[PDB]
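Below: the structure, in C-alpha cells.
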Amino acid sequence: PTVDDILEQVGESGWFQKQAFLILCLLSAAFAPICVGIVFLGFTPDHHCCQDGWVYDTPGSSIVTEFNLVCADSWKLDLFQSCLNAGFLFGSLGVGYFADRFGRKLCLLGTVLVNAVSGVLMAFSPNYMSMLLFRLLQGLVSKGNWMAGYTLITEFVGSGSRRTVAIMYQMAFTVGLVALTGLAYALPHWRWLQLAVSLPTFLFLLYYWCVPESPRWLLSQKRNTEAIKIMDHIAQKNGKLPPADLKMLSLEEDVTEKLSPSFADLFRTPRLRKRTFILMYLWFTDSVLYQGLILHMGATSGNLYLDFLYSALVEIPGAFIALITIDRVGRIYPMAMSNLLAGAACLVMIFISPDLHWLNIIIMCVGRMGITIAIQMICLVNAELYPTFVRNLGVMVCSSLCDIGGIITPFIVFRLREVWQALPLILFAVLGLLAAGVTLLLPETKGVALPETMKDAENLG
Ligand SMILES: CN(C)C(=N)NC(=N)N
C-alpha cells in the first residue's frame, strides 16, 4: 500500500492538485526572466564606435545604456552571464542537505521570499558590484526554486499522470517565455520590467502557504502522523473518503531517519553510477549543442521581440508531440530519435551548400525540435531516476553539468569560428550523435510507479 495507491484512491488529478499545479505554474513563469530575460534587457541598441564616451539613441534603456559597457567593457556581459552561471554552480553544490533538512516546503518558501527581496533590490541597485553579487544570488536561488518546485510536482502526481503534469509544467515555462516577450514589448525599460517580474513572486508566496509538503519525503522521516493528516485532507478535499491509516502509513524501518546524500556511494552500485554518467553526458550535450545551435541561427527580424516569439513557438509543438508520444513507446525511443535527428541536422549543413532553398529554416526547425524533445525528456527522466533523498542530489547532474556547458560554449565557438568555419558543426554533430547513440539506450527504464522505494535505484538493473 504505497502512497501512490492512496493518491489513486483519493484522486491524482483532483481540484486541489489542479490549484497546486496552477500555483507552481505561476512559479514556472517566474523562472523564465532569470535565464531568458537577459537577451531582452541586456541588449545594446547601438554603439557609436577621440571616443569621448558613447551615447545610444533609443527610447528604451538597457543595462549597457545605463552602465556604458558598449566598448570599454563589452566583455562584462559575458562576465555577467558567467557570474550567473557560477551562481547556478554554487547552487548545485550548495542547496542539497541545506535544501532538504530544514524542511523542503519551508526551504522553498524561504528561498522564494529571498528571490523576491533580491529581485526588488536589483530593481534599485545604483552600482555594478552589488548588481553582480545580487545576480549571483538570483541565479542560485532561482535554480533551487525551480528544481524544488518541479520535483514537488512530480512527487504529488501519482502514477499515470507524471508525464502529463510535467509536460504541462514545461508548457507553462514556454508560456512564461511568451509572457516575457509580451511584458518586454509593454515597456522597454529594464527597471520596470524587473519590478513587474518580481510581482508574480509575491503572488506565489501569498497563496503558497496553504500548499502542503511532499507526503513521501515526509514519510521518509518516520513522521506519519501529519503525513496521514495531509493525505486525508487531500482525500476529503476532492470528495473522497480517507483510506485505512495502517495501510497508508509505510514504516520502512530499513530507511535511515535522516538523509545522507551519497558523495561516495553513488558509484557503489554500478547501475546508479552508470545512470549518473549517462545523464552527465546527455546533459552536457543538451546545453552544449543548444546554445551552440541558437548561435548558429540567422538574424531574426526585430531581433528582440520576434526572435523570442519565433523561438518560443518552437517548444509548444514539441511539447504537444512529446505529450502524445511519451507513453506509447516509453520515454527512451522518442528522445533518442529526436537526438539522432538533431545530430543529423547538425551534420547536414556541412555537406550541403547553404544556397539551397529553405535550408536554414529546415536545419533550424529540425535541430530545435530535437533539443526541445531532449530537454523535456531529460528533466523528467532525471526526476524519475532518483529517490527523494537522491533527487536533490540529482539536481547536480541537471545543473552542475549544464553550467559547464553554459560557461564553455562561448569560448568553444569563439575558438571554432577562427580555427575553421566547418569545425564547430562537425564537433557538435560528432559529440551529440555519438553520445546520444551510445548513451540514452538503456538508462534503466521508464513507466516505473515507485521512484523512491529504497530499491528503485537497483532493481531496474
Ligand atoms: C534555458 N537554457 C539556457 C536552455 N538550456 N534551454 C534549452 N532548453 N536548451
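We count residues from 1, following the sequence as given. All values below come from the heavy atoms of this structure, side chains included, with hydrogens, waters and symmetry mates left out. Start at 1 and go down the list; that is how both ligands and their atoms are numbered.
- In the deposited model, most contacts to ligand 1 involve the chain that UniProt calls Solute carrier family 22 member 1.
- Picking from aminosalicylic acid, isoniazid, carbachol, metformin, the molecule at ligand 1 is metformin.
- With heavy atoms counted under 4.0 Å from metformin, the transmembrane segments of chain A in UniProt's N-terminal numbering that qualify are 7, 10.
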